[PDB]
Structures are given as structure tokens and as C-alpha cells.
Protein chains: 2
Amino acid sequence: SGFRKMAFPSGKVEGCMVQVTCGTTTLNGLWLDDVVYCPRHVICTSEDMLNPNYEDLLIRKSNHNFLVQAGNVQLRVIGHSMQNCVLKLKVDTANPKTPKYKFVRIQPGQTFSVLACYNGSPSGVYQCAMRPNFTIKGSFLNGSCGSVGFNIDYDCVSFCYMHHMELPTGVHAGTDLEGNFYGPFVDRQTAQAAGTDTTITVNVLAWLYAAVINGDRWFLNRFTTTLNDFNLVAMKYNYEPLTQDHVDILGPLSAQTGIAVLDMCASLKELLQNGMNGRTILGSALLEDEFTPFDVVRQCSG
Amino acid sequence: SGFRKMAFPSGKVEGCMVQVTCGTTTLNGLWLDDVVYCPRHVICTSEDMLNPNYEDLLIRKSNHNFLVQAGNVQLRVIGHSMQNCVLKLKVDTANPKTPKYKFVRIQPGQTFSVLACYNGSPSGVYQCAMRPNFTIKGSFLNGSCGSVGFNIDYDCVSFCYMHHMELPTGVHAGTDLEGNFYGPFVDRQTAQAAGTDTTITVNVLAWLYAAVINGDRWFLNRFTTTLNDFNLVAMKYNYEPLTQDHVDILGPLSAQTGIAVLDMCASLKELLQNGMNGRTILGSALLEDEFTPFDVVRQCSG
Ligand SMILES: Cn1cnc(Cn2c(=O)nc(Nc3cc4cn(C)nc4cc3Cl)n(Cc3cc(F)c(F)cc3F)c2=O)n1
Ligand SMILES: Cn1cnc(Cn2c(=O)nc(Nc3cc4cn(C)nc4cc3Cl)n(Cc3cc(F)c(F)cc3F)c2=O)n1
Ligand code: NA
Ligand code: NA
């Protein structure tokens, strides 16, 4: 029993983190096989960060302008290339701790673990969701550029996020590992705005199922609703609309608890219209939306 | 910016987890140097779990009744001894991934990371606090017995918790790594009750400082209070009393924010008497008490 914000074990990723310095600019990189992946922003000097011309800046560098440090060992850069917003540094040593891995772009609403790193050293691990406005509500200080987000499927690390910047509202933005931004952001040191965020409805329903599994049942009720009446209320409250795909995804949890999805939707409609009135669910006084159906199954069934 | 439930990176511990089986009873163990540490409950059969006589049960076993599996490799048990509630299995191979480590007993109110494991394999990592009633509000399924809790100080893993059981209320109890229980529990499969829990006041104040650092300031006010008037209100609300030691521990955070501890106490007194009225702090609608002053500093300053 119990329900916590649970991250994936980070050891397989920790062995891939390095420090990358170009001049006095320094950040984290990811060392897989004989390539180091890092934000191309590392090739900027102070003057360059506000409005860089990356193709120009890269032409002016040589392999020896790049200092890669893997703990004590320095790694020899033998080639470099740019792919969208990442830089790929070819090094002369393949990382012997390279896990089985793949590069995967995630969708809004999906969760992943973040390994926060500073000067190439892992500092902490936490779980977070990609928000509908393509930002994450992370926890990052100066120096965390290049930290990665990942999921684990069996023995395979799926890398899905490389951290680039903090926006003025204190939320975070980054790219997939092919260097393509999540959201309408660009890698320059200018103020950019995220679009308005929304609540991830299918995740809130998954978390209500988790509560029932853990014995929190006070919000349940005898009523049912239809997708359409639900979505008309949800829209009013800045909730993502629910689809029949969402309903099938919640299948295993409906099975395990015997409560139909549209039955649980009727409970959610009640909570939205009446609030919770000082009761809590799984120790929270707000509706949680950062746990996926799969997160709940992984944690409440194994 | 941002503030998350952040665990320590788990790689150094992941390499120490093994599976221990005695008969058909199986659970997790911790392999450091040439010793495997695990809950002595593993020597119980089904019939033995309700009221075991461990000294008898251990006399009847031989080194070959113990199957230790480190992934694929089986490890040869060459001696065994019992220390309080743990079993120490001497094996013929020293773990080459043994980190620098120490065994440390923590106090109520302190936090640690848990690596949840099943059949010797790491499944997830999360952060939690030792509650004042010596339980933890973990997240664990059948098969997690033997999972460990730890902190990291530089390069040194401090092990502080070995998981044994879930109590009827769904909270968890275990021992330090010398086998001594936290709290008034015993390792038998009987219903035991935890004492009443209380809110960890110094942690709530640390979390309010974190909020101010992240720009949440609405609860602040011009008033101050004294330790004594504060403690008379706190007691009423089932909060741990605050000591002058707690006040000095909050020192760095008072410095960084310019708000004196007894000034922040006056804000806490207000929140306790008036509630929060649908406002949130750091994304929560409840007062959080699972972050220590040191957790806040580590995460908000580096
Ligand atoms: C508070 N916060 C939360 N997340 C972040 C991440 N982040 C960061 O760590 N560093 C950045 N700029 C740099 C400055 C440097 C100074 N030196 C010596 N070396 C430096 C290297 C970096 Cl990367 N930034 C800003 C930033 C980074 C980008 F990659 C980008 F495309 C635009 C940006 F504005 C930053 O957000 N800080
Ligand atoms: C739901 N939950 C949350 N945490 C726990 C931890 N836990 C556990 O994993 N296992 C236990 N009993 C066993 C049964 C076995 C059946 N086989 C084949 N092998 C088994 C091994 C174990 Cl350890 N228990 C119960 C338990 C374990 C103890 F170590 C103890 F001292 C008293 C107890 F009641 C358990 O709580 N389950
Ligand atoms: Na209902
Ligand atoms: Na005040």
C-alpha cells in the first residue's frame, strides 16, 4: 500500500553523465557509445547567448576548443556536428557503461524521471510530467543545462528530454535528444512565454483510481455521466477534454476496481463543482494530474 | 527555480541489491564487501511467520539452505549469523561495486531515499521522512521486504533503513542496518499498532522558507511571536513543539531570505488558525512536513 511520487532508478543514466566546457561556458552532456550529446548553447560566449548565430559560431571552433570531463578522465574530442539544437561530440573512447537505449519523443501528459546534474555530477532524481503547454514544472538551478529525462522499459533506457532553459515564470523547457524543442521555444537567452496550461484529465482519473485501490472512497457516488456531459463541464474548468482513447487506456484500472470510467467521471464532475471541503485524497487537498494510468498500474500492482 | 520531492541518485545502491531465498521464502538483501544483510524473517516458513522462534529456526539451517542471487550469478554462502533482526550471510565473493558506506540510525523528522526492490531488482526511488511515531508513509507491495533507505554525503552512502513490514494502517516499519527496530515493533506477522503521529514543525517552517525563495509570499505578515506563544498554539494542532535547536537549524534559511524564524512562526500560527482559504503554497493546499532544512538548502541553493 501507499502512493508516492516515484522515479525510475537512475544508475544506468548516472554512468553516462559528463561535463562539457567550451571556453568558459560549461554544462552537462550525455555520453553514449563514442558520442557526447549536449545543448549547442555551450558554444556561446557571454556576448553570444542573447542572439547567437550557431552556424557561424560552430565554424570557428576546433575539436580542441571542447573540454569533456568524465569524472577524472578527460575525453579526446575528435569530431563535432550539430543536429538541430544539440551538439554531437565524437570522442575517441566509447563509454563502457552505455546501457541499451533509445531516443523517444514524449507527448503532453506523459511522465518521466529527471536526473538533475551539475558540473557533470548527478545531484537528485525526481518524476515530472510534460505539461500540455510543452513545459515541465521541474526543479533546476544554474548549471543544470544538459540534464536529461528518461523512462525505463525493462533493460532499455528511453531518453526523452534534454534540459535547456528556465522561462521567466520559473518553468522549464528543453528538447528531445534529436535536438527538437518541445513547444514553441528557441535556444537563446531571451524572455519567451509559455502558452496557458490545462489540467491533464486522464491522469486525474488514474489518480482517483489509485485512491480507491488504497482505500480512499469518500468521493464515489451512484451516478454515471456521458463523455459529452463530462467534457462540457471539464472545459469550463480548464481540463483537457476526454477521449474514447483515454477511456480505453483507463481499462485495467476500471477492471481492478470494478468502477466504470464514466462512473468515475461522475465523481470527478462532483469534485470540480463542489470542491473537496477539507477532505483529502491520497494525502492531497488538490486534484493531482502528474500520474499516468501506467504509473498507477506500475506502482499499485507491480 | 521550482521545488520537487527529490531523491538521491540511486546507482550506488542499485549495485548492492540481491535476492535471498530460504526454502520458498524470498526477499531482498544488501550485498556489501563479502556480507549479505537481510531481514531474518527469511528463515521463516509459512507456519513460522506468526510466532517465530528465530534462535531455534537458525540452528536448524545450514549454509546451503540459503540461495543468494546477484542477477545471474549465484553467490556461495559460507557462514551465517544473526544480529538483532537482521541476518548476516557471509559469501565467498566480495561485491566489486561496494561503495564507501556507513550504517547510521536516523531520528524522527529526518528524510531519506528509498530504493524499492522486488526479487532483488530495483523498481523505483522516492523520498520520505521518518515520522514521529517511527513509521514511514512509504509505497511498497508484497515482495519489497529488505528494500533499503539511504542518504548520500559526498561519495559515502549512509544506510539508515531496512524495510520489514506493512502495518494494518498501510504505513511501514523497519529496522536500522544493525537490526534494531524503529519504534515499538517486532518482526512477526501479527497486527501491531503505531502510536499517534504528529506534524513535524521544523520541517513545515523549512518548507515555508522554500516557498518564499520561490516567490510565494502571500502568507507573510508584519507580526512576530515568541517560542512560548507559538508552542502553545502548535500543541493545540498536534504539531511537534519547537526548540531553540530547531531555531538555530533554520539559520541559513533565515539569512538567505531576511525573515527571522519567529517572524515565520507568526505566519505559521496564522495558517493554523485561519487555514489557507483555497490559496496554495508551492503547489500544495496542505502544509508539507517532509522536507528538512537541509533538503531545502540542497535543493534551493545547491
Ligand atoms: C535557474 N535555472 C534553471 N535551469 C537553468 C538552466 N540554465 C543553465 O543551467 N544555464 C544557462 N545558461 C548558461 C550560463 C552559463 C555560464 N557559464 C559559465 N556556463 C554557462 C552555461 C549556460 Cl547553458 N541557462 C540559460 C540558457 C540556456 C540555454 F541552453 C539556452 F538555449 C538559453 C538560455 F537562456 C539556463 O537556463 N537555470
Ligand atoms: C504489502 N506490503 C508492503 N510492504 C510489504 C513488505 N512485506 C513483504 O514483502 N513480505 C512479507 N512477508 C513475506 C511473505 C512471503 C512469501 N514468500 C514466498 N516469501 C515471503 C517473504 C516475506 Cl518477508 N511481509 C510481512 C512481514 C515481513 C516481515 F519481515 C516481518 F517481520 C513480519 C511480516 F508480517 C511484508 O510486510 N508488504
Ligand atoms: Na459515480
Ligand atoms: Na510575520
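Proteins come first, then strands; the chains are lettered A, B, ... in the order of their sequence lines, and each starts at number 1. So this one's X-ray crystallography, 1.7 Å, going by the header. These numbers come from the heavy atoms of this one structure, side chains and all, not from hydrogens, waters or symmetry mates. Just so you know, ligand 1 is whichever comes first in the structure, and atom 1 is the first atom listed for that ligand.
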Visitor: Of ensitrelvir, sofosbuvir, tipifarnib, which one is modeled at ligand 1?
Guide: ensitrelvir
Visitor: In this deposited structure, which macromolecule lies in greatest contact with ensitrelvir (ligand 1), as labelled in UniProt?
Guide: 3C-like proteinase nsp5
Visitor: What other chains contribute a heavy atom less than 4.0 Å from an atom of ensitrelvir (ligand 1)?
Guide: A
Visitor: Which residues form the binding site of ensitrelvir (ligand 1) when counting heavy atoms under 4.0 Å?
Guide: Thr24(A), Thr25(A), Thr26(A), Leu27(A), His41(A), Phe140(A), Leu141(A), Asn142(A), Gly143(A), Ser144(A), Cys145(A), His163(A), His164(A), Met165(A), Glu166(A), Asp187(A), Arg188(A), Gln189(A)
Visitor: Specify the source organism of chain A, per the PDB record.
Guide: Severe acute respiratory syndrome coronavirus 2
Visitor: Look at atom 10 (N) of ensitrelvir (ligand 1) and say which protein heavy atom is nearest, naming residue and atom and giving the distance to 0.1 Å.
Guide: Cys145(A) CB, 4.0 Å
Visitor: At what distance is the nearest protein heavy atom to atom 14 (C) of ensitrelvir (ligand 1), and which residue and atom is it?
Guide: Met49(A) CE, 4.2 Å
Visitor: Students should be able to answer this: which protein heavy-atom is nearest to atom 27 (C) of ensitrelvir (ligand 1), and at what distance?
Guide: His164(A) O, 3.2 Å
Visitor: For atom 25 (C) of ensitrelvir (ligand 1), which protein heavy atom lies nearest, and how many Å away is it?
Guide: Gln189(A) NE2, 4.3 Å
Visitor: Identify, for atom 12 (N) of ensitrelvir (ligand 1), the protein heavy atom at the shortest distance, and state residue, atom and that distance.
Guide: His41(A) CD2, 4.4 Å
Visitor: At what distance is the nearest protein heavy atom to atom 18 (C) of ensitrelvir (ligand 1), and which residue and atom is it?
Guide: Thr24(A) O, 3.0 Å
Visitor: Which heavy atom of the protein is the closest neighbour of atom 36 (O) of ensitrelvir (ligand 1), given with residue, atom name and distance?
Guide: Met165(A) CA, 3.0 Å
Visitor: What protein heavy atom lies closest to atom 5 (C) of ensitrelvir (ligand 1)? Include the residue and the distance to one decimal.
Guide: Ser144(A) OG, 3.6 Å
Visitor: With a cut-off of 4.0 Å, which atoms of ensitrelvir (ligand 1) are near a heavy atom of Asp187(A)?
Guide: 31 (F)
Visitor: In chain A, which UniProt domain contributes the largest share of residues contacting ensitrelvir (ligand 1)?
Guide: Peptidase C30
Visitor: Which atom pairs, nitrogen or oxygen on both sides, join ensitrelvir (ligand 1) and the protein at under 3.5 angstrom?
Guide:
unit_1	atom_1	unit_2	atom_2	d
ensitrelvir (ligand 1)	4 (N)	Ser144(A)	OG	3.4
ensitrelvir (ligand 1)	4 (N)	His163(A)	NE2	3.1
ensitrelvir (ligand 1)	9 (O)	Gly143(A)	N	2.8
ensitrelvir (ligand 1)	9 (O)	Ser144(A)	N	3.2
ensitrelvir (ligand 1)	9 (O)	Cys145(A)	N	3.2
ensitrelvir (ligand 1)	19 (N)	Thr26(A)	N	3.1
ensitrelvir (ligand 1)	36 (O)	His164(A)	O	3.4
ensitrelvir (ligand 1)	36 (O)	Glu166(A)	N	3.2

